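Entry featuring carfilzomib (bound form).
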Amino acid sequence: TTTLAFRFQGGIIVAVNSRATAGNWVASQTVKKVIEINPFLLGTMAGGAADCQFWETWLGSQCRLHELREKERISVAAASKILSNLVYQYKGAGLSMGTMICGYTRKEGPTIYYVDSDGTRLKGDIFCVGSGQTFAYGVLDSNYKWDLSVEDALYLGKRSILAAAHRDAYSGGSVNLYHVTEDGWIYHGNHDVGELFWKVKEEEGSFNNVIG
Amino acid sequence: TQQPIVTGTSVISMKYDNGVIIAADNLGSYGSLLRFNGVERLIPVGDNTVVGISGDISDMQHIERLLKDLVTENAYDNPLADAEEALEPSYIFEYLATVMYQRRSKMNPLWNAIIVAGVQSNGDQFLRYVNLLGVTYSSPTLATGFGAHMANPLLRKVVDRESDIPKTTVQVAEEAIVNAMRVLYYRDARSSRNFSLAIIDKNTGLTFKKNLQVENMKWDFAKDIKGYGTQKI
Amino acid sequence: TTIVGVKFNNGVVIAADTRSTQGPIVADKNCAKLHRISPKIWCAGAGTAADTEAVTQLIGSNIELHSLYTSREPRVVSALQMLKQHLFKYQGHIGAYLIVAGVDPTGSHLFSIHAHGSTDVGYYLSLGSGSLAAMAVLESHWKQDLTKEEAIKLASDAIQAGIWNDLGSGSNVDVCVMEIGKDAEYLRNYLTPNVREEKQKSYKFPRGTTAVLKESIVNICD
Amino acid sequence: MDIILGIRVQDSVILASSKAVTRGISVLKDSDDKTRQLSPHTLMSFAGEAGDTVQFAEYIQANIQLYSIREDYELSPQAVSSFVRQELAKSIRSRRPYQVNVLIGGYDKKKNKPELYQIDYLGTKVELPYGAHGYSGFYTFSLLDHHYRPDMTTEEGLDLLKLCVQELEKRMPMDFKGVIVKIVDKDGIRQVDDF
Amino acid sequence: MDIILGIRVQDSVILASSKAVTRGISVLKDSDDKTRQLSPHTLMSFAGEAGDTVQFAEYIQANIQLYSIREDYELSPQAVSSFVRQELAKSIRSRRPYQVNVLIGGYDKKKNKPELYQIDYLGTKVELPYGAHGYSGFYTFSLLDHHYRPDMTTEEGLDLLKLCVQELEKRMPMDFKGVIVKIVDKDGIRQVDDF
Amino acid sequence: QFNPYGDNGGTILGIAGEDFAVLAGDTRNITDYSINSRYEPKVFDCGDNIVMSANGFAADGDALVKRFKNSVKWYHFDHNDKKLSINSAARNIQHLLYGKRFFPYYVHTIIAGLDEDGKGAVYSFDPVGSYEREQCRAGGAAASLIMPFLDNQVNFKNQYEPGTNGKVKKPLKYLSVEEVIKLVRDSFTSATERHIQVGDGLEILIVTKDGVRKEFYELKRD
Amino acid sequence: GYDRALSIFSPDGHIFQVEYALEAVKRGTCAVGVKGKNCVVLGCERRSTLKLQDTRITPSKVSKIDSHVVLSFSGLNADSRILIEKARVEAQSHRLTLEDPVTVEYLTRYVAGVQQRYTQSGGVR
Amino acid sequence: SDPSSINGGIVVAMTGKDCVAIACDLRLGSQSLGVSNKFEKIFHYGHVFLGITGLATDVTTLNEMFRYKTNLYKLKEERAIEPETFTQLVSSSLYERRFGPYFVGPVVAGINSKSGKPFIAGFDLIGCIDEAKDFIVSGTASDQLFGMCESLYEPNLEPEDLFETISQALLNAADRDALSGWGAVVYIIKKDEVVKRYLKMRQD
Amino acid sequence: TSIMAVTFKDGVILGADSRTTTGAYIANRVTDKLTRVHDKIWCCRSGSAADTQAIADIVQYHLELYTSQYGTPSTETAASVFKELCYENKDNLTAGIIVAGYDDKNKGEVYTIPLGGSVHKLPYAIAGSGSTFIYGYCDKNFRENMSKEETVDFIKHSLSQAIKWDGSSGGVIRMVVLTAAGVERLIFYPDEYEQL
Ligand SMILES: *[C@@](C)(CO)[C@](*)(O)[C@H](CC(C)C)NC(=O)[C@H](Cc1ccccc1)NC(=O)[C@H](CC(C)C)NC(=O)[C@H](CCc1ccccc1)NC(=O)CN1CCOCC1
Ligand SMILES: *[C@@](C)(CO)[C@](*)(O)[C@H](CC(C)C)NC(=O)[C@H](Cc1ccccc1)NC(=O)[C@H](CC(C)C)NC(=O)[C@H](CCc1ccccc1)NC(=O)CN1CCOCC1
Ligand SMILES: *[C@@](C)(CO)[C@](*)(O)[C@H](CC(C)C)NC(=O)[C@H](Cc1ccccc1)NC(=O)[C@H](CC(C)C)NC(=O)[C@H](CCc1ccccc1)NC(=O)CN1CCOCC1
Ligand SMILES: [Cl-]
Ligand SMILES: [Mg+2]
Ligand SMILES: [Mg+2]
Ligand SMILES: [Mg+2]
Ligand SMILES: [Mg+2]
C-alpha cells in the first residue's frame with residue numbers, strides 16, 4: 001500500500017492506491033482503501049486487508065450508534081479513539097493496521113488522526129502510511145504549502161500516490177481521490193496508473209528515468 | 001498435541017456392482033517392533049456398515065467405544081431401530097467426521113485415518129474417508145497409508161471411474177483386494193501376513209472374514225540373486 | 001519421475017515417463033530421461049535433473065575412453081562401479097537415482113544406483129516418486145521367463161501406473177530395449193496417451209493490438 | 001518516544017521532552033507533546049513502547065482527576081508518585097506489562113518545595129535533583145553532576161537544560177527534533193514556547 | 001556511513017555524501033569525507049560496513065593510479081566502473097566479502113559527457129541520471145523523478161540536491177550531520193565548501 | 001509436532017456476465033503427490049441463487065460452506081423467508097472468516113450469483129475475511145497461471161485498438177455465457193498441462209434468474 | 001447470590017417499592033434548583049435539630065461531579081453517595097474515551113439509568 | 001534473502017514458422033525499491049541470443065563470461081557458434097559451479113545457420129537443459145508466463161503474429177508480478193534479419 | 001537388518017535376512033547381505049547399504065592385493081582391514097559388520113565389528129536391528145562344536161524370530177557355509193521359516 005492525507009487551506013485531501021499483494025503475487029488492482037464512515041468521516045486502510053476492512057466497517061457501526069444515542073455526529077477525535085482503544089485491547093495478538101481517520105466537525109474543524117495496530121494515535125496535518133509511504137512523503141513534502149488551491153492540492157495528492165505507485169513494487173493499480181470540506185467529503189474519481197503515468201509524464205515533463 | 005504409539009498400517013477398500021469390500025491387516029506395531037498380532041482393525045456397526053481404522057490403536061479403541069455407544073443411543077425410544085430408523089453408513093461417517101474435525105480444531109486429534117464402508121437403505125454403495133485433520137473424500141477406491149501409494153494403483157486398474165462399478169463383480173473385486181494385500185506384505189515394513197476382509201452386499205448382506213493369510217507368493221527368484229554388483233558366487 | 005527396468009529372455013528393457021517438474025509446475029512435458037552411457041548400456045535417471053545428466057555423461061565419456069584403451073566393448077559393471085564410487089565420494093549431495101541396464105560380452109544386466117552410492121541387483125526395479133505405483137504393478141504381474149514383447153508391456157504398464165497415480169509423473173512413455181546379439185533400440189515416445197485436446201478458441205490477436213514505443217534493426221553480422 | 005529529562009531547582013521543576021515520533025525509517029511527527037497534567041501542580045512526562053505510553057499516562061491522569069473531584073483536594077507529588085509506582089509494580093507481573101518510563105515533576109504546596117521523581121517501567125522510584133530516561137542519561141548525568149547547583153533559579157535551570165540539549169544534539173545518533181519544555185512551580189504549570 | 005547521493009546533469013556529475021560517523025550511541029565524527037579520487041576526472045563515494053569501506057576504496061584507488069602511471073593514460077569512467085564491479089563480483093563469493101556500496105561519478109574526456117554509475121556490494125552495476133544507496137533512495141528517487149530534467153546546469157543540480165538533503169533532514173530518523181558535495185566535470189574534481 | 005493444516009490442492013474460477021455468473025472448479029482432491037479422489041465436488045449450490053466454493057484446506061473449506069449454508073437457513077427463519085442478497089451473503093461470510101482471525105480457515109473463498117439489479121456478481125475472499133466484488137477471479141493452486149489470462153481475455157488488459165498508436169484501449173463489453181464457458185474450459189486445460197495438482201475433471205455451475213445449471217467436462221488424468 | 005424480586009407490580013399496576021422510595025424522598029430535607037439567564041443556583045435545607053455540628057467536615061449537600069457539573073439531592077443520604085460516586089467515575093471515563101467532558105443531559109441520563117436498573121434488578125431495592 | 005527474487009525480472013522465448021522470438025522486461029530493483037528501468041536481460045553472441053533472469057550481478061557476470069568464451073570459440077573454430085552448441089556450453093559452465101552456483105535462469109534462442117531450424121532452450125541454475133518446440137519461460141513471474149504461453153501459443157505462427165503472442169504473454173504476466181515490468185523488449189529473429197521492439201506497458 | 005555368524009565343528013556359517021528399507025518402505029526384499037571379500041572369508045553387512053558396500057569393496061581390493069604378494073590372508077587379517085576402515089572413518093560411517101572365515105589351521109572364526117570400529121572375536125555373533133529380539137534365545141540355545149545341520153537350524157530359528165518381531169527385517173533367509181569342502185549357498189523362504 002501507499003495512502004496519504006494532508007490538511008490545507010481548503011480542507012483535507014485524501015489519496016490512496018488500489019493494489020493488494022500476497023507476497024510478490026499481485027492479488028488485486030481495484031481495492032477500495034478508503035472507507036466511507038459517514039458524509040463527514042473517512043478512513044484509510046493500510047496493512048492487513050481483513051483487519052482494516054473488518055474493524056473500520058465496525059467503527060462505522062459504533063459511530064452510527066453514537067449519533068443515535070447522543071443525537072449528534074461523532075467527533076473525529078472520539079471516532080479515532082474508539083478504533084485506537086479497540087486495537088490496543090488486541091495488542092500483541094498480531095493485528096496489522098495503519099489507518100487514518102479524516103473528517104470535519106464544527107467544534108474541531110478539519111482533522112486527521114493517524115491510528116495504527118500497536119496503539120499509536122496521533123493528530124497531525126500530514127501523514128503517509130504504507131509500504132510506499134516514503135516515496136509519497138518525498139513528493140508531498142517538497143511541494144506542500146498551506147496556501148495550495150483545491151485544484152493544486154487534489155493534483156499533489158494524486159501525484160504523490162503516482163510517485164509511490166511507480167517506485168514501490170507493492171503499490172500501484174489506480175489512484176482514488178477524496179476532498180473533505182465543511183459540507184462533507186467529495187469523491188474525485190478513480191484514476192488508473194496505466195493511463196495516468198504517461199499523461200503525467202507527457203504533460204509535466206517528469207519521469208525522465210523511464211524510456212519514453 | 002499427540003504422537004502415535006501403537007499403530008495400525010494400511011486399510012484398503014473398493015466398490016463393486018452390488019456393494020463394497022474393505023480389508024486391513026491384524027497388526028499393532030510399536031515403532032519397528034511388530035508388537036501385537038491379534039488386533040482387529042475392521043469394526044462392524046449394525047449389519048450394513050464396516051469402519052476400517054488405521055493409525056493409533058488407543059484412539060481406535062476409543063472410536064470403537066463411541067460407535068458401540070452410538071448403536072445403544074440410537075435404540076433408545078426407537079421402535080424402528082432394526083428397520084427404517086436403523087443406523088446408516090452416512091450417519092455413522094458424518095458423526096465420526098464431526099468428531100475428527102472437532103478434535104483437530106482443539107489441537108488434540110484422534111491420530112487416525114478412517115474408511116467407512118457400507119450399503120445405504122436404498123441399495124446405494126457408501127465409501128468415504130476421513131482422517132486426523134478432518135479431511136474427507138470419496139472415490140471408487142480408497143486406501144490409507146502405504147495402501148494409498150500401492151493398492152490404489154492396482155484397484156484403479158479394475159475400477160478407474162464411476163461407470164466401471166456396475167461392470168465389476170464381487171469375485172473380481174475381492175481378487176484385486178487380496179492381491180493388493182499381498183503387494184503390501186512384500187513392500188510395507190510395518191505389515192503382517194494375517195488380515196481380515198469384509199464384504200457388505202445389498203443382497204447377501206454383511207460377510208465378515210477373519211484369519212485370512214497372504215498366499216501364492218513369489219520368492220523363488222531370490223536364489224539367483226548374488227551380491228550387489230560384481231560378485232559371482 | 002517414474003522409471004523402471006525389467007529383465008527378459010535374451011536381454012533387458014528400461015522405461016521412463018517424460019515429466020519434468022519445478023515445484024508444482026510442469027517445466028518440460030516431454031523430457032528424455034533415458035540416457036546412453038555406451039551404445040548397448042543405457043541409463044534411466046530420477047532425482048535432481050542436472051545431476052543425472054551430468055553424472056551419466058561423465059561416466060559415459062570415461063567408459064568410451066576405457067573401451068578404446070582396452071579394445072573391448074564396455075561392461076555394465078564398469079559403468080556401475082564408476083557411477084557408485086563417484087556418487088559415494090559426494091555423500092549423496094549429487095542427487096542422482098539411476099537404473100543402469102545393458103548387454104555386454106558377459107551377458108545382460110540390470111542394476112539400480114542411489115544418490116549415496118548403494119547399488120542393488122534385480123529382475124525388476126523401479127525408482128522415482130512414482131516407484132511405489134510402478135512397483136505395485138511389477139509385483140502383481142511380473143514372472144520368470146518373460147519374452148521381449150511381454151517385458152515391454154510390463155515395463156510400460158508400470159510407467160503408466162506412475163503417470164496416472166503419481167502427480168510427480170506424467171505425459172509420455174519412453175522405452176529402450178537392449179537384446180543380446182542385436183543393436184539396442186531406443187523407442188522415444190513409445191506411448192503418447194496424454195495428447196492435449198483441441199482448444200475451444202484461437203487466441204491469435206489482430207495485428208497492431210500491442211502498443212509499441214520504438215523499432216530498430218539489430219546487427220547480427222560482422 | 002526517546003528523550004525525557006527533568007531538573008529540580010530552588011523553586012521549580014523543569015521537564016524537557018523530545019518532539020519526534022518515529023516509526024520505521026520515517027519521522028511521522030515533529031511536534032509531539034510527551035506529557036500529561038495529572039493535577040494543577042503535578043506534571044508527568046513519559047517514554048517507552050508505542051501505544052502503551054499514552055494509554056498509561058491518560059489512565060493515571062483520569063485516576064488522579066477522579067481523586068481531586070472526590071475529595072475536593074489536590075494530592076501531593078509524593079502521593080501521586082507512589083500511586084504511579086504501585087501501578088507499574090502491578091503491571092510488571094501482568095500478562096502484558098506497560099513498557100513505560102516516566103518522570104513526575106510537581107510542586108508541593110504544603111511544603112512549598114519542588115519535587116522530581118524518576119520511575120521506570122519496573123516500578124523503581126527515586127527522588128532526584130535531576131533525572132533522565134533512556135540513553136539521554138549517559139550524556140546528561142555527567143554534565144549535570146558538573147554544572148548543577150541546588151540553589152539555582154528557574155532561568156539558570158533553563159540555561160543548564162539548553163546545555164544538555166546541545167550535547168544530545170551533538171552526540172546522539174537519532175534526530176529527535178528538539179524538545180518541549182514545561183515548568184512546574186507554585187503558580188502551576190506553564191510551557192516555554194521558544195526553545 | 002549511511003547517505004550517499006549522485007546526480008548526473010548536462011555537463012557534470014555531483015556527488016553528495018553524509019559527514020557523520022556513528023558507533024553505538026555516539027557520533028564519533030561529523031566531518032568525514034566518504035569519497036576517494038580514483039583519477040583526475042573520476043570520483044568514487046562509498047558506504048557500508050565499518051573498515052571495509054575505506055579499505056576497499058583505497059585498494060581501488062591504488063589500482064587505478066597504478067594503471068595511470070603504467071600507461072600514462074586516464075581510464076574512462078566506464079572502464080573504471082567495470083573494474084570496480086568485477087572486484088565486488090569476486091568479493092561476494094569470497095570467504096569474507098566486502099560489504100561496500102559505491103557510486104562512481106566521472107567525466108569522460110573522449111565523449112565529453114558526464115557519467116554516474118551505481119554499484120552495490122553484490123557487484124550490481126547500473127548507469128543512471130541520478131542514484132542513491134541505502135534508505136536515502138526511498139525519499140530522493142521519487143523526488144528526483146518529479147524535479148529532475150536531463151538538460152540541467154550544475155547550479156540547477158545543486159539546488160535539486162539541496163531539495164533532497166532538506167527532505168532527508170526532515171524525514172530521516174538519524175542525524176547524519178549534513179553532506180560534503182563534490183562536482184566532477186571537464187576541469188576535474190572540486191569541492192563545494194559552503195553547503 | 002501436530003500440524004492442524006493441510007493442502008488439498010485444486011483450483012477455482014469465477015466469472016460474471018451481464019445477466020449470469022459462473023463458478024467453476026476442478027474435481028481433483030490431493031495430498032502431497034497422491035490423488036485422493038478424481039471426482040470430489042467443491043462448488044456448491046447454497047440456495048437463494050448463491051453458489052460457493054472454498055478452495056485450499058478441504059476440511060476448513062467444507063466447514064465454512066457447511067456454516068454458510070446453515071447461515072442461509074437461519075436467515076430465512078429470522079427474517080420471514082427473505083431472500084439473502086449476494087452482497088449480504090458476502091458480508092456474512094466476512095464475519096464467519098474473521099470470527100476465526102486467530103486460527104484461520106486456510107481457504108480462498110469465492111461466491112457467485114446475481115445482484116439485486118439482476119446483474120452477474122462474483123465476490124472473492126482471503127482466508128481471514130477481506131472481500132471485494134469483481135468481474136473476474138481465479139483462486140487456488142493454479143490461480144497464478146489462470147488469473148493473468150483472464151485479465152487479458154475478460155477485462156481486455158494490455159489490448160489496444162489496432163492502428164490507434166496504442167492510444168485507444170480495447171473497449172470493455174459483457175461476454176456471452178457461450179464465450180465465458182470457452183474461457184473457463186481453456187483456462188483449466190492450460191492449468192492442467194502445467195500444474196500437477198490440477199486435472200481429472202471440471203465442474204461448472206452457471207447462475208441465471210431461472211436457477212442454477214451444471215456442466216461437467218473431462219480433464220487429463222496424469 | 002441474593003436474587004429476590006423486591007420491586008414488583010401490584011394488582012392496580014403500581015410498583016410499591018418505587019413508590020415507597022418516593023416517600024423517603026418526601027421525608028428528606030428540601031432542595032431547590034433555579035436557573036437564570038447566565039447561571040444556575042442550587043439551594044438546600046439543613047434541619048436545625050442538630051446543634052453541636054462541625055460544618056467544616058460534615059458532608060456538604062451539593063456535590064461536584066466534575067468541574068462543570070454539580071448534583072444536589074433529597075432522601076436517604078447514604079444512598080446518594082453511591083450515585084455520586086458512580087457519576088464521578090462515569091464523568092472521568094467519558095473524558096478518557098470521548099476526549100470531552102460530559103454534557104449535563106448525558107450525566108443526568110446516566111444517573112437516571114442507574115436508578116432505573118435498581119427498579120428491575122433482583123436482590124436490590 | 002532469496003537471491004533469485006531480489007532484483008526481479010522475466011524472460012520468455014517462443015518459436016514460429018522459420019523464426020524465433022525472445023523477450024524480457026526492463027526492471028532492476030532491490031526488493032520493493034525499483035532502481036533501474038533500462039536493465040536489459042537479453043544479450044547476443046553472433047546470431048545466438050541469450051536471455052538471463054535472476055540475481056543481476058550473475059546476469060552481468062555470465063554475459064561477460066559467455067562473450068569471453070564465444071570470442072575464443074570463433075577465433076579457433078573460424079566460425080560463429082550455433083544455438084545447439086552454445087546451449088551445451090551454457091550447461092557445462094553452470095554445472096562447473098554445481099556447489100556454488102550462479103543464481104540465474106538462462107534462456108537460449110536462435111536459428112541454426114546451416115539447417116535453418118528454429119531453436120530455443122531453458123536452464124535451471126545448475127545447468128539442466130530444458131529443450132522445447134513451443135516456448136521457454138524464466139523469472140519471478142514464471143508461473144504467470146507458463147499460464148499465458150500455454151493458453152495463447154499456437155504452432156507455426158508468422159513473425160508478425162508471433163510478435164503479438166509473445167508480447168501479450170510477457171505484458172500480462174508482468175502485470176501480475178510486483179518485481180517484474182517497468183518496460184519490455186521483444187526480439188523477432190528471422191534467418192538473416194533481426195527486429196528489436198520496445199513495448200509500451202504500465203509503469204507501476 | 002538381522003545378521004549372524006556361527007562357528008561349528010566343520011567351520012563357520014553366515015546368516016542374514018534379505019530386507020532393505022527406506023523408512024517403512026522396502027526398497028529391496030531380496031537383498032544379498034552376505035558378501036565375499038575372499039575365497040573363504042565372507043562378511044555380513046548391517047547399517048548403511050552404501051557405506052557397507054564401499055567398505056566391503058575396499059577390503060576385497062586390499063585382500064586381493066595381499067594375496068598377490070603374500071598368499072592367502074588369515075580371517076584375523078581381514079577383520080583388521082575392516083576395523084582399520086571403520087575405526088579411522090568412524091565419524092562418517094554407519095556400518096555394523098560381522099567378518100567370518102575358514103582357515104585350515106584356525107578352522108572357523110568369527111569377528112564382529114560394531115559402530116565404533118572395535119574388534120571382538122567370538123564363538124558366534126549377532127547384529128542388526130532385529131538381533132535385539134534374539135539375544136535371549138541365542139544365548140540359551142548356542143552350543144560349541146555343533147554339527148552343520150544343528151547350526152543351520154540354530155541360525156534358521158534365530159533369524160525366524162528376529163524377522164517375526166523386527167519390522168526392519170524380513171524376506172528370505174540367506175546362508176553361506178564355510179568349510180574345508182568349499183563354499184555352499186543356502187536359501188530359506190517365508191512359507192518354511194515363518195511357521196517354525
Ligand atoms: C499495500 C497495498 C501492500 O503492502 C498495502 O499495505 C495493503 C493494504 C490494503 C490491501 C488494505 N496490504 C496488503 O495488500 C496486504 C499485505 C499483507 C499480506 C499478508 C499479511 C498482511 C499484509 N495483503 C493482504 O492482506 C492479502 C489480501 C489478498 C490480496 C486477498 N491477504 C493475504 O495476504 C492473506 C491473509 C493474510 C493473513 C493475515 C493474518 C492471518 C492469516 C492470513 N493470506 C493469503 O492469502 C495466504 N496465501 C496467499 C496466496 O495464496 C496462498 C495463501
Ligand atoms: C520426477 C519428476 C521427480 O523425482 C523425476 O525424478 C524428475 C527427474 C527427471 C527430470 C530427470 N525430477 C525432476 O524433474 C526434478 C525434481 C526435483 C526438483 C527439485 C530438486 C530436486 C529434484 N526437477 C528438477 O531438478 C528441476 C529441473 C528443471 C525443471 C529443469 N530443477 C529445479 O527445480 C531446480 C532445482 C535445482 C536443484 C539445485 C540443488 C539441489 C536440488 C535441485 N530449481 C530451480 O531451478 C528453481 N529456481 C530457478 C532459478 O533460481 C532460483 C531457483
Ligand atoms: C537393517 C534394515 C537395519 O539394521 C539392515 O541393517 C539394512 C542393511 C542392509 C541393506 C545391508 N539396512 C538398511 O537397509 C539401511 C537402513 C539405514 C538407513 C539409513 C541409515 C542407516 C541405515 N538402508 C539404507 O541404507 C537405504 C538403502 C537405500 C534405500 C537403497 N538408504 C537410505 O535410507 C538412504 C540413506 C541415507 C543415509 C542416512 C544415514 C547414513 C547413510 C545414508 N536414506 C534416504 O534416502 C532417506 N529417505 C529420504 C526421503 O524419505 C524417505 C527416506
Ligand atoms: Cl546391500
Ligand atoms: Mg510499483
Ligand atoms: Mg495435471
Ligand atoms: Mg508489475
Ligand atoms: Mg518382518
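Throughout, protein chains are lettered first and strands after them, A, B, ... in sequence-line order, and every chain is numbered starting at 1. Lab note: partial entry displayed, contacts enumerated inside displayed portion only. In listed order, ligands and their atoms are each counted from 1.
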Query raised in the report: Can you list every ligand or chain that belongs to carfilzomib (bound form)?
Result: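 It sits at ligands 1, 2 and 3.
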**Report entry** Most-contacted chain for carfilzomib (bound form, ligand 1), named by UniProt
**Finding:**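 The chief partner is Proteasome subunit beta type-5.
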**Report entry** Other chains near carfilzomib (bound form, ligand 1), heavy atoms under 4.0 Å
**Finding:**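 Non-hydrogen contacts: A, F.
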Query raised in the report: Which one of the active-site residues that UniProt assigns to chain A is nearest carfilzomib (bound form, ligand 1), with the shortest heavy-atom distance given to 1 Å?
Result: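 UniProt active site, heavy atoms, to 1 Å: A:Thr1, 1 Å.
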Report task. Please specify which residue and atom carry a covalent bond to carfilzomib (bound form, ligand 1). Result ->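 Covalent partner: A:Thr1 OG1.
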**Report entry** PDB entry label for chain F
**Finding:**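 The deposit names it Proteasome subunit beta type-6.
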Requested in this report: Name the UniProt bortezomib-binding residues of chain A with any heavy atom within 4.0 Å of carfilzomib (bound form, ligand 1).
Outcome: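 Going by heavy atoms, UniProt's bortezomib residues within reach: A:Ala49.
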Query raised in the report: In this structure, which residues build the binding site of carfilzomib (bound form, ligand 1) when a heavy-atom cut-off of 4.0 Å is applied?
Result: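 Counting heavy atoms, the site comprises A:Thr1, A:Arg19, A:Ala20, A:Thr21, A:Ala22, A:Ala27, A:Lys33, A:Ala46, A:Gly47, A:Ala49, A:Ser131, A:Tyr170, F:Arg101, F:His108, F:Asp126, F:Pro127, F:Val128.
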